[PDB]
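Complex: (11R,12S)-mefloquine / Multidrug resistance protein 1.
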Amino acid sequence: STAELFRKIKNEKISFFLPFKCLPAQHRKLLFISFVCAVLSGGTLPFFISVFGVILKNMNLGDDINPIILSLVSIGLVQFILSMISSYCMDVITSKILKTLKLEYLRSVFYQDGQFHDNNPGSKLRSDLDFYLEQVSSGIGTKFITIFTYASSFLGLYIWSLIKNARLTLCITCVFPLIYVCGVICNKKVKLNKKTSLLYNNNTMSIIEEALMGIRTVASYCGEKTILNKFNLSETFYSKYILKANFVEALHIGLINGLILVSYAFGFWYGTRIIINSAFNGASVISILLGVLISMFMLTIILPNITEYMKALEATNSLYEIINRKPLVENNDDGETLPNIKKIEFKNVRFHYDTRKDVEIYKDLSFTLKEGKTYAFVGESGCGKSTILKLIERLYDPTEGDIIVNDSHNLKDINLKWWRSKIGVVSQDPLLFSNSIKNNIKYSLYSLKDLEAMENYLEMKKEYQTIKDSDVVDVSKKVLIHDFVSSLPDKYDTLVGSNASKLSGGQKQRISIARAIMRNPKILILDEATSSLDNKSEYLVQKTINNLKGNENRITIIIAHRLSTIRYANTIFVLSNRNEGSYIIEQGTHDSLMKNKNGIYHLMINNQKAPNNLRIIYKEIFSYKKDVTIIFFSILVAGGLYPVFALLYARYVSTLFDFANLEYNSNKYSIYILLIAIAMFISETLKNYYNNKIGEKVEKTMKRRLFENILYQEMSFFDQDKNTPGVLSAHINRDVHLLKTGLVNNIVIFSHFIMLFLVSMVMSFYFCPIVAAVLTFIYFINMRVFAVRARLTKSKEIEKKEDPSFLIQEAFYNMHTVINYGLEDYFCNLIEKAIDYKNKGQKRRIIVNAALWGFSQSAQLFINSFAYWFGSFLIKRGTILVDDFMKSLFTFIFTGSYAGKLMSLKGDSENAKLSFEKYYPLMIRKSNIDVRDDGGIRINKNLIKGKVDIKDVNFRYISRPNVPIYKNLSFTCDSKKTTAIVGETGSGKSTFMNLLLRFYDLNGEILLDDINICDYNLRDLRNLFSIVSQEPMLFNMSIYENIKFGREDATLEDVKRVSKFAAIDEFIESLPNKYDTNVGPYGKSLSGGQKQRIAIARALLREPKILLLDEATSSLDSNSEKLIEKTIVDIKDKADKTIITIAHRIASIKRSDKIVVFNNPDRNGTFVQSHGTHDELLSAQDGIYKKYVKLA
Ligand SMILES: O[C@H](c1cc(C(F)(F)F)nc2c(C(F)(F)F)cccc12)[C@@H]1CCCCN1
């Protein structure tokens, strides 16, 4: 509501002048012109309406109308022109301020403190800005000035009507407060139910996602239906509450079209009463009612524009605070500068992350750096040398340390600009621009050449070309890139690729090295200079760096990661942190640091050295007969009895200028209006409600089919990539709500529209055929051939989608490269390439789009005037009477207006019809693995031993049909004896389980009691197993139901019993709602041990004839570990249970009766190698069991 935001803004006092401040003084009054070019056009209707009654008095009495027509059309023309001016003004102003705020935002982005660069990652900002623009590019345009026109019209109409007659309109305007009251009272009761409706939807969302993620656990226990039931029981409440909301939503709508007619009737009635009591004519009564009515219409169209304007205001306040965010590390020029940089001293460098405020990395980084020295440094792959170079560059500052230089001055006194100026940097990867080869090289010295002109006298702009192509030649010859660049065509012309994508990487690193060399730093630094080079080119680069022109004044720090290239070094401060801070463990030269001791550096140098589909829907819709016929009848009644108002209004005008027999006529004609209103109420009520009552059922019978078919689909369908839970949950919600909102909201509208367009047109021919043909021709050539709004919105939206669309995107991925140089060189390379291409097309676009809007506001006036002229023309020569014309006219006009009114309620029809074909196969797609298909032998769960056998297997996934996984497996497990499996970790041990449970089918042969697997009625085959994953999963149901998952019929006492083996049934008796406390989503409200014990209890409740473990106690404490192992051995002691395990401790393997082993000689599969160690013969020959006892 507007009052909400008004009370909000009342206290902070945002300036309503705020968007209009990035403007010169010239645009202060080009704006002001449009103030007066949009108040005059509000004083138009008070003239038309004030002559409206006089025209009718003048036509049905004999006299002529010609002066008033010419008095009117001139005002129409000046309205056209005054409407044409304002568009051209306002759009230009908006484009200007829109450009300028963007160009301020880019600058403010380039002045973040380094920490903020890490806080908000990159392209998010690029995705934010544009969004805010489309909240303000189309929210302060012409639809701001449309306020004042309507306000002026309101004031003029009401006050003129009041001075002409006051008691009448006072007696009329006493019904509209009751509309506002009903509106708020209905809005309350709508929100109160809508929020509960929303509340009962996220539950279903969770039930879908959490169930699709952990899919195979559902298939193993066969717990499909106990999710469907919860889904339906949560869906029904949503349906009923949203229908209760739609009822009140439709009642108010159907009501507002009922009181306006009472207003008309009482108005005319009291008018005739005062006319009779007079002894003020009748021409002064037709206008008062229309004035008071269209006056209070403008208060329904002003407010959305105010909302959008406040929205633009808050959007701009959400951006100027970004532009007014100050960094801590400023690139000012207030800092001083030494003659040259001497003796950069470090001492106790301390710093923590501003995000994580309890983690330190450095303690005592401290050493000296003075000109004329050579060095060599190396760090581990987790040091944070990035932090070191960032602090050299001053992206951050320490917390306790110091950057003392020359033992007299800290870095804070030194100019950051001068500091980065005299530092050549090279980084890890070649992520460079796409301008050209040389332009990455000659633009560097700008960072210094600005100083030639900034402190001297803009001469900076002209000295760009002054740096010629001289140094590229020699700096290319040095790094040996001269050979290649002089070989391929377009030597210094073929640009470095799009975001550095065309040429080789190491050669782009040579370009970076040339940048560092050419910019003439007093301190030339390199970091990861030679990270991934070959031998000879690296050595030549080394020879280039250590012996540049005049190496007596420089500090040639180098950080390589190959240890055969740290040969020369005045000192090698290699460090370690073994964790609250590093410290330099190693100190010395290359020769006196490897042979020093058997230390860390010693180890380092040692190691390296079609239409059917939709008539499905229509078939579904053509079965609920009790709700189709009612909608049909309401459509008939509305379409039939709205036009009757027109020719009941005409007869009431023609009978007004007859002083005789007036009382009876009034008493007879007002009552029909009353009755028609009482019918229209009920019609619009029962029309806008069963629409949604039919919309609901199609959704909640399609969602059922989808979510019921998806569960039974085989596992290979889920193994694919596109079959992701996110997209599959996105479909079921979005496209189904579109099938509701899109389709049935565009089958009723067409029917009602066609009903009106037939009945009104036909019984408009019958009274005056000569006028109707003209009118239809006019509106035909106007709408379907000169669609002003269509062409306007098209020409808008095409060019509103939008080389400023190319440089901006690639200028953020290289945000670390722009800091090497280039801060304003691309502040002033986008202004040009914007302004050059805006205006040249903008002129034509805006002049056309302003003329087309100025035409649209003053078209009905000319048509109406022409109609009145053509009507009073024929009547003079005695061809048609007056009443027939009035009847043929009012019906057409009012019905056209109403038909255009309700037409603007459609929804998205095409995209829903499109998506229905996307997801139609899924509710019908064949899976060829169905738990329901029960053709096969039943597994009676009493005659079972558990003898598994493997004849031969050669299996491979379809995800890659190139990697063999099994090379002729063969082993057995006889009866009620453990068979442990010890092998290489990651060799694919936990895959045979999936084969056994028919998650995949067969290039291999598995037997159960010497019987094939495909003849078992697999529901029962999954009824006598129980697995244990690495981590179980706990759904959002109760602990009672989590344990009872799979088997619905079970007592709480049995749960208390089987919960004893897991030894967890004491913690549960430590809090209220013991077997009722609902765990959180994904089991995030409990521990890991509790989770596994609950999973074990769930597996044991079923009385599983065969057990299948996997990674028993990978992370549990010894207590729960030995309790579990106690359960294992105790349950092995009894018969009637064959167990198979995959352990990682001899503590359990000692009880193994046969220990089968898998090996991986070469990466092409596995096969059995060992059998029968049974803890006695650990290695009579070679094996891995010896390894897994001597390591254990
Ligand atoms: O049919 C009515 C209508 C009124 C007026 C008014 F009298 F205010 F100048 N002008 C309309 C115009 C006009 F072009 F502005 F004259 C076009 C279509 C409908 C108009 C309104 C339009 C908005 C939806 C309700 N009917």
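Throughout, numbering of the chain's residues begins at 1 and tracks the sequence. We count ligands from 1, going down the list as the structure has it; atoms in each ligand are counted the same way. For the numbers below, each heavy atom of this structure counts, side chains included, while hydrogens, waters and symmetry mates do not. This entry, so its header tells us, was determined using electron microscopy, 3.5 Å.
For (11R,12S)-mefloquine, every matching ligand or chain, copies included, can be listed as ligand 1.
For chain A, the PDB entry reports the organism Plasmodium falciparum (isolate 3D7). In chain A, numbering the UniProt transmembrane segments from the N terminus, a non-hydrogen atom under 4.0 Å from (11R,12S)-mefloquine occurs in the following: 1, 6, 11, 12.
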